[PDB]
Each structure stands twice: as structure tokens, then as C-alpha cells.
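Phosphatidylinositol 4,5-bisphosphate 3-kinase catalytic subunit gamma isoform bound by AZD6482.
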Amino acid sequence: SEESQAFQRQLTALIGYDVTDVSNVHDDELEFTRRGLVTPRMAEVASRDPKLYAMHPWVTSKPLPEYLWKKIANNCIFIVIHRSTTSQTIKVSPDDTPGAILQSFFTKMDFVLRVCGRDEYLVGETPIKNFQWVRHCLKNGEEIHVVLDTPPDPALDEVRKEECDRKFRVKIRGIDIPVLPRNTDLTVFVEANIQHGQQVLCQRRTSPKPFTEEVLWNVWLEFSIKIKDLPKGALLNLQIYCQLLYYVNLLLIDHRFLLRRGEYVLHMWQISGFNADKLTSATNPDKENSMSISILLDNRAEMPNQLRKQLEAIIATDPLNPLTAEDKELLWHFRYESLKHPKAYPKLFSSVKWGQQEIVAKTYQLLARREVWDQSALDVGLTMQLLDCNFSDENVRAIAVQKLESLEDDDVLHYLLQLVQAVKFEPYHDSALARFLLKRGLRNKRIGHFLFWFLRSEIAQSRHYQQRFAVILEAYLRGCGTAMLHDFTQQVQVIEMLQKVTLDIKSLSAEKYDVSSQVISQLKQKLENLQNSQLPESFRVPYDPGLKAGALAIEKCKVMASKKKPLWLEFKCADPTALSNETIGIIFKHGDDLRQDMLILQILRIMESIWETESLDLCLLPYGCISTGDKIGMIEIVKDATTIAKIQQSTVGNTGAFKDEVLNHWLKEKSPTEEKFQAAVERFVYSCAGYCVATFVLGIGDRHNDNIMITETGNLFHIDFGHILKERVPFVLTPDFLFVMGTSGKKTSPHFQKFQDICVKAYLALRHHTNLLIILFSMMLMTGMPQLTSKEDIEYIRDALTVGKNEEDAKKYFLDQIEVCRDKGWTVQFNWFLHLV
Ligand SMILES: Cc1cc([C@@H](C)Nc2ccccc2C(=O)O)c2nc(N3CCOCC3)cc(=O)n2c1
């Protein structure tokens, strides 16, 4: 139908890529997947409670922490219910369900409890203590304000219903580049590799022929591998060395479990400055400039003491610890003892010779047991381990996705970005994970909204992965409901408008520190033009979907004084039932790859949760950040917060003569009462402690004081992770923060002891989750950090988390790092001034 011809055009402008376009495919995988995702989509769309879906309640089954129980020592929670002008508080029990509170209001002289200023609803059979918004207010000191109004109409959420034994051979015909002049002429060869998860089964090279705009070889390359022994997921990697220049991959076994046959003219990817993009089945879509390759395909006793100890020692080691042939052969001979240990699964599966039909068959016999694994307690770090680059077998990856299914939505939101990025390591487009991300995305609207923006960030930036993600985004968009589709349409239109403004203002400026009347007057009218008839009355905040934003506070909107020129935007809340007059502030910044900030902030949310398990609150501010396109995106504005450099440049001014007192003076200056300075010193102890631990672990500690911020309420925090991703420091700890602690160079004050206590308590709390942190880090680098990728680049986390060593040797190592910051004082800080200024 014609209505389906415009619907698809809506999906295309939403996705930012055309899913129907067959100009850059050599097979029907993407279309077959588009057709294959209709089943799991409808298996959720036509399976979800329309009432709870429309209301999207945010709940958690996790225990309320020791610190959050300290806020309610009276066993009573106060909730303020509002209708119009009337507002009366209720003495509610922590275990009281929304319905129990609904009747406790009717009795105290059809409707649903909606949050004030937020598109959030406190509904469903859950106690009020087990709500994320309630736990937020209890952590910040806010009162739980709610509106009495009718439930959201599920009719708005309607979905538009749709619908042998011979050795492997490869003939390398030749290579053709239209234009090569950039470097001095040398020789060239092709390296055809048969791989199954970063592991080469065999390698065959061509003879070196001279580098020309067309190099013909016509050589048949016979491999050591037989056609029967080729595993599903086997990826023929074609490489070019002058020393690597061009890579390309072809899935020897296809999506229908068929060996690839025929003539293929593959457009290859170049190298600029191991890597997730290096594994792509997708060809280069820019056929005019790219190098192509022409190829042709026509084809029961138990263990002794010391061995059990040897095996147990192997399972013990961190994910990064490599395995010798001895270790691998050990794991394999004692398969069944290794199967009895779930922590051995990532190591046992790396001991499989996948280029052996017989060994794979034995591996599949082991997977049939699964009893130990299926009954084992879910380990996210072990589940993620089996979903990485080192695992290409579908049935191996399925057991990880099987173990994932148990997660509550809250934990799905916790690991979403890392799971979204893990799709990059999948051999085929349609996968158990891709189907899992889709199911969960349609079951809840919060996962849905964030799944949309995560897929979109990569679609409008990655040529290597735009096509596959696009197929998964369409699948979601084709079942999210008319309302969400309407919402994303607004959001995108607004982001597109505001990115236009950002670049225009970036162009209308020269690198130097200026802020000339011309740029300020232009910015004023630029926004004024879009305010009147371009941007709608209300758009949803992508980083915080609870919040709806209205009109711009033009008089509050600015542009940075320095080289990057990002816009500082401010918006009024679209909700007239809001608790305050607090604006919605956004930063739009071009130059820095905000995908790197996203990953660091998502790990920061993880660390916070890990700390919660050992009842620690490190006052971290993982502010919202979404990458929208190439070297551009949004940043959430943390209210009434200033850079550390600005607090130093106020009393002093553009000098390295950093006076330690200025910081505490600012804290007492911005405090209305003495109690408000006491709460500010408390917030500073945790916030400084958390960010010291968090940064050192992630090896992003040595930072310039301009890239560290602080609030009027004492909460200190790190910023701009994109630009960072000799004399050195492990992290940031200078005498200015130390003065607030109460130390005059050499002192062990009551607040610096508190910091020293917390820091080791937090570092060890993260050591109880070593294998998880190591995986998330290893994955973060492979999927988000191009320059930060090699064996030695990933191996940083081991030394930082002090792998192998005891709690005593760990306690020592971290406090020694605090001392490195104390020995240096301001030496690396002044060095920043020589490079920056
Ligand atoms: C490079 C740069 C710069 C800034 C800010 C501090 N600087 C500005 C950004 C935009 C407009 C004006 C300024 C200003 O320098 O006053 C900045 N602010 C961030 N925010 C984190 C959340 O709290 C609000 C701040 C985050 C970030 O990555 N930033 C990066």
C-alpha cells in the first residue's frame, strides 16, 4: 500500500539510513534478517500488558542499602499528593503498594499516581521503597511529590501491523584501486586468512606483484583446511600489505548454513591510525574511492591431585591471562571437570579447535549437558566474556544470551550500551543477542528509548556497522507504538535543528579565545528564528526521557570562550505541574567523539551499582550524554556547577600560583548557612574519593584541572572524556582539595583519614568484580577507543586492579598512589599550562 510507502520513509528519516537499499550488499542477509525479526518483535508486541507498558514504571528488586535506610530511621515515608491547588502529605509505610496508598488518600478525604514535572508513573504491584524515583528523592533529600490524574491511553500505543572432503580453495583474481598517488611506489601481496573469532585457522599469501591501479594474480590459494572442517562463522579475511592497507571479510558459511560460491567483487576498508571494525562482514559502500578485490569460489575415571590443582589454577586467573598450548590441551582432555565450573567456560571454549568438525561435534555434546551452567547464579562478567570478539560460535554465544534473559529491566538499562556494542562481535546479522535487545526494547519503554539512541549513535557514524544496526532499529521502530514513533520524530527534528546551529557558530569563529559581539548577536537571532515556528512546543529530553522541554531561555544560552565553541543551551520545563522553575540545560559539542564519553559514563554507573552492593555511596555524577552523529552530540548540564580552573582563576587569574584556600572559601561563599557548608564538605569527601578510584581503574586519572568540576553543594566531578581518549600522576589530587580535607602539606586531618578510608574501601569493592571490570574495559576499547587498542593497551586494567595480589598488597598499592599526587603537588598541573597556554 501507498501508506506503507510513506511509513517506511518515516522509518528511514527516523533511522538515518535506508534499510531497503541493496546497492552495498552481495547477498540477502539484511533482508532475510528484516524478515526474521518479525517473529520475535510480534512475540513481544502481541504479549505485553498495555497498561504497564504505557506507564513504563521504573522498579528494582535489589535490597534498599544501609545508607538509604539511615534516611528513614523512623520506618515512615512522606508522600505529597496533588490534584489542582490542594496538596496533603501521607504517612506511608516503605512496603506500601501504589494501590494501598491510593485508598489511604480516598479514606483521608480510577486515577493514577504521576510524578510532578516528569512523565513518570508510580504504578504496579511493587512497594514504594522499590521505586527508582522514590530512592532518588531519599538520596538527594527531596520530598516525593505526585499528581492525581487519569492513566495514559494504551490505544495511543497501537502498532501498525505488517505482513565434501577436499581442501578449501580461493582464487584471487586481482585488486583494483581507481586512484593511488599519495605515497612512493612499492610491491604488494594479498593475505587470505581463515578465522573463527580473532583466531586464524590457516593463512595463505600471494606472490608479491608490483603495486598498480589493477594487480592481477589469477592464483588459486589452497588452504590446509578441508570443507567439512570449516565452522559456521568462519570468516575469510582478505588483507593487503605493501604494513597493512586494506581489509575485507566474507562469511564462508552463509546465514542459510551454505558454503559461499561464485564471483565476488568486494570493496575494502582502509587503515588510518585489536579493533571491532576490523571484523565486519559489511563491504565499503564508497565504491568510487575504495580498493576492491576480485575472488572466485567453486567448492568414567576422574582426575589426579596435581592436575585438578593445575586446572583449578587456570580457572582462577583473570580473563586477560593468556593460555599456553599446555593449558588448552589440559582444559580439553578434562572437558567434564571443566564443565562442572561455570568460571571455566570462557577458558574451556578458547581451548576448542573450531577448524575440526569432530571437535566441534564433541563441543556440541558438552553443551547438551548445560545442567551446571543453567542452574548456576548469573555472572554478568562471565556472560559478557562469552559474547566478545574471541567467541564466534552461535551455540556458545546462545548460552550467554540464555543467562541474560533472567535480568530485570533495571540491569538491562545498566548494561545496554555494552550489550548494544557487543552486536559488533556477532558473525551474522540475526543473533540471539540482537533478538534479546529487541525483546527487552519492546517489553519496556525506557530500554526502548535508550536502545533507539544507542543504535542511532552508531548508524550515523559507522560505515562498518550502520547497515546491521539499522535492521535492528527498524525491528524496534516497527513495534514501539505510534506514541514513541511520534516522540522520536520530534526529538530527532530538534537535535538536527540544534546541531545545525552548533556547526554554524563553530564556523563563524576563529580558534582563539574571543566571544566577540558578532558571534553573540548571531547566536541570539539564530535561536530566536528557531524559537518562533521551527522547534515544537515540547520535545523529550534524550538523555532523560522522564523530562519534557519547552522554550529556550535565550538570555541564559551561551557559547564557550575556548576553541571548541560548544553551545550552552537552557530550556524551560514543558510540564506546568513541575515542583520548581528549574531549567533543562543541554551542551551541544562538535570536535570530540562523544561515544567515548558515553562508555566511560556507563562504566561510572556500573561502579556506583557495585559500590551499592557493599553499601557505599560515592556521590558520582554520571551526567547524561548521547552521541548523535560524527564528532557531535548532547551533554546534560549539572545545575549550578563550575570548573576547578574557574574557581582558581577568580581570586588569582591565568597563573599557576594555585592558592589552596580559594576552594574552601568558594564552598563557604556559595553556602546560605553553616550546615549547608557541613553537608558540602560531606558531599566533597565521597565525590573526590569516588572519582579518584574510578579514574585510576579506567586509566583516565592524569587530567587538567579545567576538565574537573564541582557544585555549590560540594559534589566534585570529572568531565570531557572524549578529548583525552614524561612526568605523570596516577589521578587528580592537589593541595586545593587537600585543604578542604584539612591538610597543610603534611597532616592527617579527620576528613583526609575519612577519604583514605573510603578510597581503599571502594577500590577493594571494585576488586570483588575484577573479571567484570576487565571485560567491560577490554570491550570498551575494542568498540569505542581506536588509538587505545593493542594487547598492551587492554592489559592496563590488570595492573591497576592489582590482579593476583591479596587485600593487604592492594591496600598498600592504592595509598602509595595518593602519595605520588602529594610528592608532585602541582608539577604536572603547571605542565598543562605550557601545552594548553
Ligand atoms: C569542553 C567542555 C566544556 C564544558 C563546560 C564546562 N564549558 C562550557 C560549555 C559550553 C558553554 C560554555 C562553557 C563555559 O566554558 O562556560 C563541559 N561541560 C560539561 N558538563 C558536564 C555536566 O555539567 C555541566 C557541564 C561536560 C563536558 O564534557 N564539557 C566539555
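Heads up, chain A uses the PDB entry numbers, so what you see runs 144-252, 269-322, 357-435, 459-489, 497-522, 544-969, 980-1091. Just follow the structure's listing: the first ligand is 1, and inside any ligand the first atom is 1. Scope of the values below: all heavy atoms of this structure, side chains included, with no hydrogens, waters or symmetry mates. Determined by X-ray crystallography, 2.9 Å, according to the entry header.
Residues of other chains with a heavy atom under 4.0 Å from AZD6482: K802, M804, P810, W812, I831, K833, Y867, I879, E880, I881, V882, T887, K890, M953, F961, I963, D964.
Looking at UniProt's ATP binders in chain A, a heavy atom closer than 4.0 Å to AZD6482 shows up in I831, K833, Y867, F961, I963, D964. UniProt assigns most of the residues of chain A contacting AZD6482 to the domain PI3K/PI4K catalytic.
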